[PDB]
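Reviewing the structure listed below.
In chain A, numbers come from the PDB entry; the residues present are 662-722, 726-744, 748-750, 753-780, 786-1010, in order. Atoms within each ligand, like the ligands themselves, are counted from 1 in listed order. Any value given below was found using the heavy atoms of this structure, including those in side chains, with hydrogens, waters and symmetry copies removed.
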Amino acid sequence: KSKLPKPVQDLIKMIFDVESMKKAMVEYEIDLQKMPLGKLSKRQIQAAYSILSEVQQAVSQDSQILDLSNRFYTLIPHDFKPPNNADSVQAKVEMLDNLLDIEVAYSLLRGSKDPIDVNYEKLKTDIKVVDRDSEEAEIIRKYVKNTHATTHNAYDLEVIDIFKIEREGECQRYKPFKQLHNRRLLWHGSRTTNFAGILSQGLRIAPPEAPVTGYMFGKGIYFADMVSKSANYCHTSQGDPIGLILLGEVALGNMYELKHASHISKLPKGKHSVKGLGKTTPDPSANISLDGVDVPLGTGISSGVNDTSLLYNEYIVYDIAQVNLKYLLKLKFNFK
Ligand SMILES: Cn1ncnc1[C@H]1c2n[nH]c(=O)c3cc(F)cc(c23)N[C@@H]1c1ccc(F)cc1
């Protein structure tokens, strides 16, 4: 019998759900016999990324293009006829990203005591419940409620549980950025099946093999100041309407503000982050400070920037150590 609070136990079961991993694979139409959950390998996936890079290049740039599409399907077996377009190549990339974390999740799970407590320990994260009556819960609730975008109206968000999280070794890694100017509490959403990898390894940057297309500001860690922009990356459906979103303290420092896409390979010297300027910004006057970190929880208003490719802000760091994960929210998506 696990001594852990029931919301923490429910979180572990949700993270380490094999049925969820298998369901995701069934939806991606992967052959579960030719490519079972336990046989997905990093080497196979990284090599598939490379073929998708050799593919997106031919589309950007027919015997050798079919031979590249066919060599990909040989590498990542599917069961269908097998279906140009960088958006389809980016879908395969995202599938491979989900497949990797699905592999990590299964790897931890498979690789005396209650299975819930044993699986908790594999996450190397200290997970505590934030009380509904606390000042932190109130601030977090206000942040969810106010930063829901007017354009994003496919669902309503409801906070189920708020967890305070301490990833093992992240405190040590963060130390150089601890006193940096412009530290902000920002959103990061992901598929529930990715949270085993995120808690055990932290938020990561896409490998060099992975195609850069899709990464507007290049390969880094992306954050939003509007909950609905990050909540979309949960990919919640009416079927599975419960998602997980992070609140991270991000050491932005001096921001390289951009109004359009730019594949950052090296920031301008003296700059520590990119801020993609959006048309709508959370009201800066309502900006509060939760334990010395800026919390942009104001309601969505015009930033004045009409000359931009973005509707809402996004923040990107290019060093994993600039992120200190603080909270994990369990959100109910109530679709309209
Ligand atoms: C899909 N993905 N994989 C890693 N990071 C992400 C996204 C992302 N995840 N989560 C967020 O909360 C977020 C909040 C933003 F304002 C902006 C974001 C994100 N863009 C990231 C993005 C989008 C498309 C793409 F092709 C590559 C990267």
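What sits at ligand 1 is the drug talazoparib.
The main binding partner of talazoparib (ligand 1) here is, in the terms of UniProt, Poly [ADP-ribose] polymerase 1, processed C-terminus. Residues of chain A near talazoparib (ligand 1) cluster mainly in UniProt domain PARP catalytic. When only non-hydrogen protein atoms are considered, atom 25 (C) of talazoparib (ligand 1) lies nearest to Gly888 O, 3.2 Å.
For atom 2 (N) of talazoparib (ligand 1), the nearest protein heavy atom is 4.0 Å or more away. Contact annotation for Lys903 and talazoparib (ligand 1): only side-chain heavy atoms (C-beta onward) come within less than 4.0 Å of the ligand. The source species given by the entry for chain A is Homo sapiens. The UniProt active-site residue of chain A having the smallest heavy-atom distance to talazoparib (ligand 1), to 1 Å, is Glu988, 3 Å.
Looking at atom 14 (C) of talazoparib (ligand 1), its nearest protein heavy atom turns out to be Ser904 OG, 3.6 Å. In chain A, talazoparib (ligand 1) lies within 4.0 Å of these UniProt NAD(+)-binding residues, judged by heavy atoms: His862, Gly863, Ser904.
Of the N or O atoms in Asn987, none lie within a sub-3.5 Å distance of an N or O in talazoparib (ligand 1). Each of the atoms 16 (F) of talazoparib (ligand 1) lies under 4.0 Å from some heavy atom of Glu988. Nearest to atom 23 (C) of talazoparib (ligand 1) by heavy atom, out of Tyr907, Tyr896, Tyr889, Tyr989, is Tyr907. Atom 6 (C) of talazoparib (ligand 1) is not flagged as protein-proximal [any protein heavy atom, distance under 4.0 Å]. Among protein heavy atoms, the minimum distance from atom 10 (N) of talazoparib (ligand 1) is reached at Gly863 O, 3.0 Å. For a threshold of 3.5 Å applied to N or O pairs, the pair formed by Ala898 and talazoparib (ligand 1) contains no separation below that value. Numbered from 1 in the order shown, with element, the atoms of talazoparib (ligand 1) that lie under 4.0 Å from a heavy atom of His862 read 9 (N), 10 (N), 11 (C), 12 (O).
Residues of other chains with a heavy atom under 4.0 Å from talazoparib (ligand 1): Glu763, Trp861, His862, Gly863, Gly888, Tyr889, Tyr896, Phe897, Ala898, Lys903, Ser904, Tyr907, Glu988.
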List talazoparib (ligand 1)'s nitrogen or oxygen atoms that come under 3.5 Å of a protein nitrogen or oxygen, with the partner atom and distance.
unit_1                 : atom_1 : unit_2 : atom_2 : d
talazoparib (ligand 1) : 10 (N) : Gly863 : O      : 3.0
talazoparib (ligand 1) : 12 (O) : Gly863 : N      : 2.9
talazoparib (ligand 1) : 12 (O) : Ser904 : OG     : 2.8

